[PDB]
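Notes on a structure featuring avibactam (bound form).
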Amino acid sequence: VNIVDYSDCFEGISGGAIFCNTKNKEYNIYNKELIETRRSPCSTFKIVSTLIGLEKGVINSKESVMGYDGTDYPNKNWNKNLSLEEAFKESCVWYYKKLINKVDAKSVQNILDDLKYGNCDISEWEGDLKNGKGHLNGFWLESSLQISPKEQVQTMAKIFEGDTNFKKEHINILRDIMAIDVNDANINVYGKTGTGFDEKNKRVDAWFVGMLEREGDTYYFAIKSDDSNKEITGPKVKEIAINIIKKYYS
Ligand SMILES: *C(=O)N1C[C@H](NOS(=O)(=O)O)CC[C@H]1C(N)=O
């Protein structure tokens, strides 16, 4: 466990980072207090909810559809019968809500328990209804389920090192749809952003969680901001994460 200073890449934004290489067990941690604090995963939960849907047969491939019903949404790309790959990349809320609501709560509870997914608290299945957004809510979106960045990395490692019971075919679907382009062919980066606002503490929950492969070595990582500035989003923290990867992990 090495405590590190990535503050220059955070460019004044409050947050922390954790990178873990499980081959040689090198844990690099910036802002240890934050990295151990549990928070809502927000859209980073799509990593796990995709695998749940595949395991239960609700979806089957990166082409799989969820039966769009014509409801009007402000995001153009949500207004179509999109595939799993597109719903993941466009963070289509209705697709992932419909997917998870086809799965019984005990199945979800047991999978989260097996993954040690934070507090594994799905008690508020419906999510944070007081924000007025109705069915565009769920237990993983600023609601009962909370996970620390360190726990995110531990879960990512267990999934992608093949240490869970999820099918390899399903892991590979997730890998494909998580891959991102960082304009450096010499590293393979995979990840997912998340964005929420913590109304109790007046702070954002801005996430980028994923993994990095660079010549035999793999790092699992979670970058997280808790800034009070509402302008700080998941996509912004992904930029920060990319800067760290290029500076220290290339
Ligand atoms: C996930 O955190 N969400 C879904 C969507 N995309 O977020 S992302 O750009 O950080 O991946 C909008 C924000 C958030 C939500 N409000 O549900």
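Following the PDB entry, chain A shows residues 60-309, kept in their order. Note: hydrogens, waters and symmetry copies are ignored here, and every other heavy atom, side chains too, is used. So how was this one determined? The header says X-ray crystallography, 1.8 Å. Counting starts at 1 for both ligands and their atoms, in listed order.
In this complex, the main macromolecule engaging avibactam (bound form), as named in the PDB entry, is Beta-lactamase. Heavy-atom contacts of avibactam (bound form) within 4.0 Å involve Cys101, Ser102, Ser150, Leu200, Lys251, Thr252, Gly253, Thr254, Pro294. Structurally, the covalent attachment point of avibactam (bound form) is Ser102 OG. Among all non-hydrogen protein atoms, the one lying nearest atom 8 (S) of avibactam (bound form) is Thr252 OG1, 3.3 Å.
For atom 2 (O) of avibactam (bound form), the closest non-hydrogen atom on the protein side is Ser102 OG, 2.3 Å.
Listed by number with element, the atoms of avibactam (bound form) under 4.0 angstrom from any heavy atom of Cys101 are 2 (O). Heavy-atom contacts of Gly253 reach the following atoms of avibactam (bound form): 2 (O), 10 (O) (cutoff under 4.0 Å).
Looking at atom 15 (C) of avibactam (bound form), its nearest protein heavy atom turns out to be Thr254 O, 4.0 Å. Listed by number with element, the atoms of avibactam (bound form) under 4.0 angstrom from any heavy atom of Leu200 are 17 (O).
Inclusion of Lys105 in the set of residues having an N or O under 3.5 Å from an N or O of avibactam (bound form) is not warranted.
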